[PDB]
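Here, glibenclamide is shown bound to Isoform SUR2B of ATP-binding cassette sub-family C member 9.
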Amino acid sequence: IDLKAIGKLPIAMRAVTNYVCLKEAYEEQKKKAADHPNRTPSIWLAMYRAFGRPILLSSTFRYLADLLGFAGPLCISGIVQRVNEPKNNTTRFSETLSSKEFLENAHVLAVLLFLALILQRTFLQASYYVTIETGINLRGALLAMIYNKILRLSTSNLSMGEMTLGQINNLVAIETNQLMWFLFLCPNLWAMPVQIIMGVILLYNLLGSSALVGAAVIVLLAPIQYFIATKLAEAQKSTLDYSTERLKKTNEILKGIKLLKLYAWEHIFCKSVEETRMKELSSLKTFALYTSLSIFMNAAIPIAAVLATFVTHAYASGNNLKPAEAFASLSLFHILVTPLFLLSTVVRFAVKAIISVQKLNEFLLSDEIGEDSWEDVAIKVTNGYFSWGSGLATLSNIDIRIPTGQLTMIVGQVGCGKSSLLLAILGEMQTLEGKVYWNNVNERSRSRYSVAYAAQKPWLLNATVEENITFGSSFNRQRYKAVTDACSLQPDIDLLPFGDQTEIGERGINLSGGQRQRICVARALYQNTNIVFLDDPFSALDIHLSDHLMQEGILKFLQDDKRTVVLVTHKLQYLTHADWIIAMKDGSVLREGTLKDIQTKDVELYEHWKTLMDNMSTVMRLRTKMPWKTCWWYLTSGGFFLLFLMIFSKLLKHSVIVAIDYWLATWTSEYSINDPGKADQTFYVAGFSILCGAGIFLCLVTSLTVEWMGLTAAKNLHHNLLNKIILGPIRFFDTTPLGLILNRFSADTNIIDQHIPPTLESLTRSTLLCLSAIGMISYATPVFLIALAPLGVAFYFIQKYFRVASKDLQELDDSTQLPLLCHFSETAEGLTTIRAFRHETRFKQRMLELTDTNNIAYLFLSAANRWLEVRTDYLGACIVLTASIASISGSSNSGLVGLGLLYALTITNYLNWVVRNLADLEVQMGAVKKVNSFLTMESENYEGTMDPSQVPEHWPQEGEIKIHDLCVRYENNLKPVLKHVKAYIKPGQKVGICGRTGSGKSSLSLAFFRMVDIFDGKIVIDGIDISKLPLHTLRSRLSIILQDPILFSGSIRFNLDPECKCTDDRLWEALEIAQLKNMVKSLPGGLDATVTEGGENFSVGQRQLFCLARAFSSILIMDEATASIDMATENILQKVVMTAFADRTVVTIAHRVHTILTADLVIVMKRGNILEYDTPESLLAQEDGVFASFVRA
Ligand SMILES: COc1ccc(Cl)cc1C(=O)NCCc1ccc(S(=O)(=O)NC(=O)NC2CCCCC2)cc1
Ligand SMILES: Nc1ncnc2c1ncn2[C@@H]1O[C@H](COP(=O)(O)OP(=O)(O)OP(=O)(O)O)[C@@H](O)[C@H]1O
């Protein structure tokens, strides 16, 4: 694969030269515009003179190539002119003459055509290859500048709080890509008239008069596509917004798989979501319509146009048209039509580039100056003003110099200024107004080169945690491991699948806010030249009974070391030696003292405080013809007249166009001067012109056919997913990550909706047209059948090479763009988190490598495409020479040679289209196959003769269930239980019972979750067989509680999705529970209130589902309250007793006394499962019952 092949030109245009050009251009812009500061409000009027890398070579070569190409058809006309044979009556001598008769000879013209074709193709490809190699550089430059102005300026930002991710939202991939594409496409806009005008002049010169009327039609046909563009863009935007709504709803739905997999809300939660898709589907249909129409515009106008000219042929009154006069005219028409689509694309591209550059100028001209205005002491200020950045009059009359090595902490939660003052001390905040002085020596950035900082708003790297803490220094096990073990991350030690080197942070493994603050303080610890600066890091993530432990680890770490260590915390848990304190209240620090010296000043301040206290052979070797069978699956299944109608229609239209050409040949076949006459002018209008309507009609039908098929398949494919995974087995869902499933649901549905149809249409059109042309060229000369056989056949092998080669390069590209954008994700996301960490300049060091490391692969892919195009062009030129030589040797008639040469010139260009479309289809279908293999697989059957049983909510025998006795080793690949634990429970057991870790999880999962070979045996449960309960409805009757009850969506506003028009959820079944009372009884949100992905965001009064409200099932099952307030848990227990009035039986799973302390009826267990029934807890102590529980009792 050779993912990182070579930089091979990092000096040329990677990082250094890009800045060396763009910065100088900016300097020239500012210096010149200084004279007219506001008379002319330009932005990048000097963006022309930005590089010195000329683009004039591109335009010059392009103009030369266009002239040669447009000349070619005149050579075709010459080669057809000499068809008439005027000999046997005059054979001039013309001895030794050179320029006299060198022109009209056929063979010399043919060789001229070959030379011109090769030269034009080569010049064109080389010129815009060079242009692209410059474009890439421009993109690198623009990015380098956006970073230079976003890194060392965007730290002290206060207006940016309106949109904190605006930069990483705009400049990520919408702007730079737009500018790179527009630079690579500019020559078309600059010199497309150089082709249109030239073609018009040639057509007027050789066509005469009957064609201009039929010629100027296409010059207006192109604006039809330019007009369709806007509507297509609007439809795409609407579809994108609907897709965003669908994606958010799907994320919410899929986030509760284990919760909904058995409750009464399994399928229903997707109902509207399904409609959502259908709803969104409607918008997609609208977009498809315009696209299909656009294809008709591109598939009909030429034919139509030429008919017009031939209609105006009746305005010429001539006998007929010389076959050497109109074949070349049609060739010119078929050549002119190419750059018009480029022009139409440029119509939108210019607007996109202008918008992007203006947005970039506005962003990079937004308070970026003044947001960075430039014994180890820094602070001596006599300011008449020290503004909170933009906010003036914030710190008036501030003057303080802080002796080092102190615990300076102005503890205060209200009006403290701890963040404003903390940022303004080290100069990182714009409080420099007035006069500021520093110490007599540093041992001009305001004396802060020895700073050290830790998070106040948490921050985690998008990489390994160990990387997140490496902090740009050495890394050896001794000091790092000692610091880590001072306050060990044991839960993080076991939870990370590869240690601290495993996934961590955003788009990685999650981390808690307490752990986040610990990580921040630890990365503060593993820093050198420690003169640390903190701004109250321990007011929220308080280490319970460990904040003192953390401060003692830090004691032996730095407070027993020679390094200034401070903290600006407000907590009184670690208040020992909290000597330094201030009373700012919108003022500077005017207080400083020892532990009791503050009481000397005797402020009401001290006293008051007390009162408030895998293999390559299985990937590469099987990569050849990768999607074939999957493509057959794609087309066949969901194709409404996929090939019954659309294939036949496409073939009919193509053959009809070929017959139209043959009819054009027939109309002017041989009657040229055999009959000037008056009745021979309109003979063939029923043989040639009468078919013209077919050319404008038949294709139009096919213009929708392919697209229509795709639309149907999309809905069906999407529906299949919902059909497949409406409900599923718990093993896979508890095994695989959620992100991959969400990606398979979203990205692949986008691909199948948007990109497959145009690729298929283009590939089919190219293949069929090339085949038709090959057939014609073989007809006109038998030798052509042999003559066109070998070389292209060899090309076939070469074709196969590309059919893989660039794909792998694309594969490299497919990953190459992942990291670099994340860089622009990180530095900006921490707009202030990386303010003054003494490594700001060092941020460029990695970016300037990444940019080149990616643009190198970009250029490699471009070069591969260029080589493919050149090879196709030369193969076509060879085919043209062969067919032309054969036609001129055979010399049957002018019509045959004209048709052959025109079709060869047509086929010259379609090979690149065919190859590119083949690659696109292969890659797209391979992407489809990733989720098309799991299209409808079913792994949870339901085949039971369970008779109709009423089974109301009544409790038969208090839910007596003892069905496990010496449980066997479980199976069915669903996290089996791998031991033996006989089960024998207490029927009338109200309160919960302590349990061992060995079987606590197994029992918790065993309350309702299915299993085959787990604990089968003698059973007495529920009055119906455990295995014979109906799979249609019985599983809907169960109930569970999540480990830490999280209901992300509303689940209250629309909680009456099943048949409950109870009209009592307001205050009768919920307020009495006293946990839902806060959100219901005394709340104005109402019976229709929702919280976005929150089970604990806005619902703190009842994190668990309201048990009484659901009983406005009958079996209640508990879990492990990981983050529940003990008082609230006791209140919920009182509500549980209120429910027990209707239940009087509850089983729970717990291993700690905090959840198993209130036992009223319990059992005496065996190794983790209940062994016998016994109320007394002391009896359980004598036996093996509660010894592990006794470890706290
Ligand atoms: C100058 O050009 C044209 C001239 C005429 C017409 Cl009517 C269309 C174009 C055109 O289409 N565009 C403008 C400029 C342009 C862009 C790409 C190509 S390319 O050779 O097809 N290369 C790729 O597309 N991708 C590679 C792979 C990695 C990404 C970047 C390069 C060729 C040219
Ligand atoms: N991003 C911001 N938006 C609005 N006001 C701000 C911002 N940053 C600072 N301020 C202002 O600066 C003043 C000083 O804030 P201070 O440092 O006391 O907050 P804090 O004590 O860190 O907050 P917390 O107690 O939650 O940690 C506040 O009155 C606040 O209005």
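Counting from 1, the numbers follow the sequence of the chain as shown. What you see here is only part of the deposit, and the contact count is restricted to that part. Counting convention: from 1, in listed order, for ligands and their atoms alike.
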Hey, where's glibenclamide in this structure? All the copies, please.
ligand 1
Which organism does the PDB entry give as the source of chain A?
Rattus norvegicus
